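Opening notes on venlafaxine bound to N-acetyltransferase Eis.
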There are 4 protein chains.
Amino acid sequence: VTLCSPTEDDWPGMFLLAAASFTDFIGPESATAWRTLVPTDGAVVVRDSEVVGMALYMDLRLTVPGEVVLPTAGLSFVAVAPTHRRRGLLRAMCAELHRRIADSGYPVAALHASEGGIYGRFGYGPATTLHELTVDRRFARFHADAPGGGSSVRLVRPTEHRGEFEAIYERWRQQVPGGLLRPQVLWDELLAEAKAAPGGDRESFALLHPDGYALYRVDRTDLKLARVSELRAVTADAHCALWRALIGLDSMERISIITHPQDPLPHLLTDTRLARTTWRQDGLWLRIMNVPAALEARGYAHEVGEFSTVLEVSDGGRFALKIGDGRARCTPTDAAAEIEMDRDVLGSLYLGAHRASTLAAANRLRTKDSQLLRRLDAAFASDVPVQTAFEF
Amino acid sequence: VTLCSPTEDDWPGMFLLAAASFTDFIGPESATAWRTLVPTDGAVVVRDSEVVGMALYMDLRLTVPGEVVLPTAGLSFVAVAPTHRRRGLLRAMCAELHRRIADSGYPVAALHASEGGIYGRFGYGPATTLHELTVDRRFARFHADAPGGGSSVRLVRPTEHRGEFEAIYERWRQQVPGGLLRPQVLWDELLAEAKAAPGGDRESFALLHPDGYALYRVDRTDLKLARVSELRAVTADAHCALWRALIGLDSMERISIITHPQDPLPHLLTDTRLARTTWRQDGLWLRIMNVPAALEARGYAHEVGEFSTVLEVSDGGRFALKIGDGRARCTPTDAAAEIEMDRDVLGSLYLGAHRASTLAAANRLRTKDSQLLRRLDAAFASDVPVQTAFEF
Amino acid sequence: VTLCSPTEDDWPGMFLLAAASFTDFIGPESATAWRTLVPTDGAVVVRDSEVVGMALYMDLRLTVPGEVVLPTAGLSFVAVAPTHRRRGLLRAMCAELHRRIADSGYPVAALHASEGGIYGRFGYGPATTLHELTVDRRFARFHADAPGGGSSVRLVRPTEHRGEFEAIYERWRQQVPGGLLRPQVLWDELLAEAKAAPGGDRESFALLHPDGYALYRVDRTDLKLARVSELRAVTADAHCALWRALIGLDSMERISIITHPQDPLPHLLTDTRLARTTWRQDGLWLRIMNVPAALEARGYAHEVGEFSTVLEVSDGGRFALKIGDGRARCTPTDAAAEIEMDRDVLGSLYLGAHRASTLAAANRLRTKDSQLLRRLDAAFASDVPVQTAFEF
Amino acid sequence: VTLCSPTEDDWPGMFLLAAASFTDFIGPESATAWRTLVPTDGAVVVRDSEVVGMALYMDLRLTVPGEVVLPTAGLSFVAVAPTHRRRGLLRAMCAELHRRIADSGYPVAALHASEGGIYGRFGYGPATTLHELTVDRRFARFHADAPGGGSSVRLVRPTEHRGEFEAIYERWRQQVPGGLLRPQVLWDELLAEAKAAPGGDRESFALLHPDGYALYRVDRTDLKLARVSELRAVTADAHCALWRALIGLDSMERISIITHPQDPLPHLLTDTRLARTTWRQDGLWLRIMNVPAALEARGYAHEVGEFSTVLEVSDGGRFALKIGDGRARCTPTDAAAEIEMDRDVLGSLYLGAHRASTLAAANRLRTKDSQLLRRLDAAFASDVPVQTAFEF
Ligand SMILES: COc1ccc([C@H](CN(C)C)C2(O)CCCCC2)cc1
Ligand SMILES: COc1ccc([C@H](CN(C)C)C2(O)CCCCC2)cc1
Ligand SMILES: COc1ccc([C@H](CN(C)C)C2(O)CCCCC2)cc1
Ligand SMILES: COc1ccc([C@H](CN(C)C)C2(O)CCCCC2)cc1
């Protein structure tokens, strides 16, 4: 077993491992479009020869609180052959890619986890929360207060309005923590999946507003369920107008969407309970590669007064952290730690999805000052709720 | 149709309406113990004679942020006969009880809603969130950081340790927003439901720690599911120790609990995803009866700097609101409103369960200042997460 | 194996066979109340000794078209031990009871069939149709035309209004084909089943109108389903008023009832489709014991002009049948048959539930005259739709 | 929003609205074959431009009692964009098409309803009843009386016997109320759907008798269920022979068919209960456009003696109605009404599927004469049971 950057010759062995590892694997042509986002030296393989392990990262741009955009290494396509389990292949592949990612100057790495038990030990913390809402649209009535009581929304074919979707998404990704730049190859892929497949997905339709769009398709087996694959709204008016149109799908019983915990939809209805939470899971995981670069790069809440503390990340350094006027300064120190946590915990705090107080109650974050805990909670809170852009 | 305080003679007609209206109705003897909490003039009936409508409130004590305890009117036992629907009976009964509640000096009313679409129009807003977590305990391993790695926890018969449960709950209710005083008749009722019933519930067991207790019973139909009816933990150590014991129920596959969104349990595990959110619904609803008395009574976040605004509640007054050093002053004004909302929206903000920004995005809260929105969000936030005490 | 009238000593052996044969068997005390309706010589047993077969009939009064009431032998409690199958016990028991029934002067026998394949060969034809309607009452709105848009309906405890139920049912049974006299022991039994059982049925409630009553109970497992056990309405106004009250059970999702195919309920609603047919099965089976006495006793449709034919029942005689002015005369003849059918087919025609044309299309009824078929269809039609009274 | 006859340019916008509105939408090529049946001026669109509403009618021939064939406007392809709900688009489109249909000389309009609550208010009444029968063919034995105890039935490929299917269906449609002429484009469509689809329907087979045919296919998911899409039998012998062959599908557990309430199948079996009613819904809806032309065109039952009455249709005229010798005369009058009903109720009576007495019991039909009700019931009854031809 040796660990190497793959040559062109390795890619069929990687596609075989992929097919056998990932049921969602569309196939070589689709993976060749995601390959464009992978830099030179972005991939490792383990050969025994034949490919028994692989892992890569893609070049991404991730929006963090304060509308700051970070270069982000997106780990993906990670697989160990079922023949080579418990041989330390994952550990060796993650250590090598992390070395390259850190040396390349990325302040943050990110991934979507296939199981919740794997990535904590490599320093990844769950940083966004997926929340499925299912609306029984037969009972749904809009509240007297809800905006937009002509329609500004049009029912359209997605492929005929690519430009408008691209422009609305670009505005949304820059203003929302969790937003990711979507490269044009990923618009190619998205619009190809919109098409219906024999024995596969049904055709996707779009609802298009000047300041938002919703992409939806009827479920293959449940013909009374419409699944919203993506709703991007830049204004509250756009969000309400799009939900008025979705609730107008009179041939459906139910509309489902994978959204975020602060989605205002339930509050648009006279019965908030009609927007049922049917599923809840971790979305984007973060590994802070460079603690000072990450902490200094994001914006903090202006509401909390200036405060100074000493933060120790387990095997990640100790820092004098001063937060004031929405900005952090984070410098080396050997002064006594006032706060300690593993690297994964910092990733979970970083976008505002998890409260320092919640993590402290599990002893994942350790402090003897409850006042400092309240200050951390308030300062790391995000004004714009954190959302999940697209899986990678 | 006349509306009156019931006489002793009305109570059998009320118990008949109850039996026909509420499947959860245990029976007259149980309802006679809840009757003790109902003050003189706490009940209304509509006669046609026979009882075709009823509603009452109970005298409760509700903990709000800052560990402040308010006298609270708990509306319950509300029913209209299926023979007298759409005759305005509910509207007439709610108006009369609200008049009595306000005249009696209660700053707040509260209820548990049988449907989500009814109570908004009478000024009640959902104020707590029930979150069911189901753990697949066969995979559950505690994180290296989790506290308590002899056991301080004992498996006991609930009826033999009444004193210790009473004392732990008393400490928990005073320190937790949402906490309710539990009167001794309600301890009588709770310990009677612990007993097994032929063709009914299985026997309840307790796990008892010096600083917490968990009451649980195996599901009647699912013999591999244990349902935690109540876990009250005064310290993080007590919470972790109790979950170590629950995960040690080796004959179960699954442990379920109705908890709150900030329950630290998922963070105690190496796989956070094992604590699945299987259900989510509104818990306690609040109607603010007296806006200035309620706003002045609770504590606010010390992190946010002093600020002044003008709040209009639709048909509930306009107030100069000044929040500083964790305290509010709320005085009459005819100055221009900077914030407007219906009374129900204020109830939803009051315990910290809903963000002003979230309600603003649905246009339930109206302001032209985004800075004021961030300040309201931060100030109404609760340091101790809001929990739901017990249904009434 | 001998066949005898049971002595008092045989009854425990019969109750043992009953318990082992009938899952619906309430027990000896309940069966001892049904025993009162069984005449001297109304029962047979086969001993091997131990009881290996039994069958009995009860003295009933059955309403047929024209509001005519016939003495009816109600066969029931029919069982062969699982140890003595395929020994001709059923055939021997049915032949003996039929001999006694015919000799006693009963023009008709009736039963409720545990399977559809058994009773045709002994001359029983299905004569009524059970139709389960399930209403999704959350969508149900009454049509502008529906009657009864104070309520004349009261929600009551069944046991407190026995007299009123008895009187309404007496009026309904006399005016409805299929009606059966309900003896007071059967009112005792009905009101005992109204009571809730630990691990059993939930309590029954009644809706009481001057001209109808509905008995209903929440399903033991489905707490959002109310099952109407019995709705007896003497007027259309009573029927509509009772359904307005049932649709007002706001805590239920669904109301189900076992009714008849001509129940007007669907036509009371703006959406007829909301009253879904979820189940359909044979109800009351008839064996015509004496062809001329039965055909002469019922009323026929006044719309059809006088006509004469010759009817042959297979092994049941040949008759000159003259139908005019709503009356039949049915006399012996050896003239050529114009219509032939097995005895079971006549039972199926007798109350109007099945069309002669439908049975002719299956060749269960044989004629070469299509005009005679149309005349039979029209003449045997019932003005008041046929309903099923109560199982026996 | 303007309302217009579509130009060729509007049809892609209509196909987009169709795809988004109808999950059963096969696609443009299939809809272009149904377009042939749509006359010039048979279609309306609402533009906002883009298509936000559409509705059309097709030229059909409908068989009514007496084997009379009426020109019938078949409304279909009716959709409002989910963006333009509650703007009166349906009302405006139905009013315009009804104006054109009436002016064109159609005595009747018809449709298949996607929901039961929409079409009553535009004067459409449900006129046929779909009844799904599911037979457990493992228990099914034919009665000694059933016809056809060599087989006259052949198992064939539908596409190889098009001529014979066309000829049998032509005979059946002319002799059965509810029958519709099937144009050759609809035979093209039917035989194309017979072919199997990858990830779609399995191949269809036919059973062919000189006087009937059955088209059936194994269910895609349930491989032990055969679904009969269509059984057309001109004689009872053909019906019995076809069911003998279907019950001979020894690899199936269950045969299901969508038939009519008077299907003789259950009576062909020794156990009638084996032919279970698993589904029941409205089939064809009728709007009587011209009351006198429709009432005069159909045949009436010869059994009922001559009678005269005065019928008022709400906003549809008042008529002296004389029914005798199977014929009606229906002339204008201002004499006092003896019978009143909304137009939709007349459509429900017109083919014999609903009894005047049943509609009277719901107060949809109003009279003070019970004798007149019995006469209407008998006269509007259909000798040949009403069946549903094919959906449009
Ligand atoms: C060649 O590099 C990649 C990277 C990612 C992908 C896929 C992205 N999907 C979200 C469409 C993936 O789904 C990632 C998980 C493993 C299967 C393939 C493809 C190629
Ligand atoms: C007589 O006053 C009351 C008030 C409340 C109750 C019950 C409380 N449960 C939580 C045990 C209730 O469950 C409230 C909802 C309606 C049914 C009865 C009883 C009597
Ligand atoms: C002793 O005679 C009888 C006759 C009938 C019964 C019961 C009647 N039920 C409808 C309550 C029966 O249900 C009939 C079927 C067999 C089981 C008992 C009892 C005793
Ligand atoms: C272009 O005109 C029409 C009319 C009807 C149809 C379809 C007929 N099916 C029964 C095959 C329809 O199914 C009707 C309901 C809406 C979807 C399409 C097609 C085109």
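Lettering: A, B, C, ... assigned in the same order as the sequence lines. We're sticking with the PDB entry numbering for chain A, so the shown stretch reads 3-50, 56-156, 160-402, in order. The residues of chain B that appear here are 3-50, 56-156, 160-402 by the PDB entry count, in order. We're sticking with the PDB entry numbering for chain C, so the shown stretch reads 3-50, 56-156, 160-402, in order. Following the PDB entry, chain D residues are numbered 3-50, 56-156, 160-402, in order. All values below come from the heavy atoms of this structure, side chains included, with hydrogens, waters and symmetry mates left out. Partial entry; contacts are within-part only. As the structure lists them, so they are numbered: ligands from 1, and atoms in each ligand from 1.
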Other chains near venlafaxine (ligand 1) (non-hydrogen, under 4.0 Å): A
Residues within 4.0 Å of venlafaxine (ligand 1) (heavy atoms): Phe24(A), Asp26(A), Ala33(A), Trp36(A), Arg37(A), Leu63(A), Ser83(A), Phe84(A), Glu401(A), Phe402(A)
N or O pair under 3.5 Å between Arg37(A) and venlafaxine (ligand 1): no
Contacts by heavy atom under 4.0 Å between venlafaxine (ligand 1) and UniProt acetyl-CoA-binding residues of chain A: none
Element-labelled atoms of venlafaxine (ligand 1) that are located less than 4.0 Å from some non-hydrogen atom of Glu401(A): 10 (C)
UniProt domain of chain A with most contacts to venlafaxine (ligand 1): N-acetyltransferase
Distance filter under 4.0 Å to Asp26(A) heavy atoms, resulting venlafaxine (ligand 1) atoms: 13 (O), 17 (C)
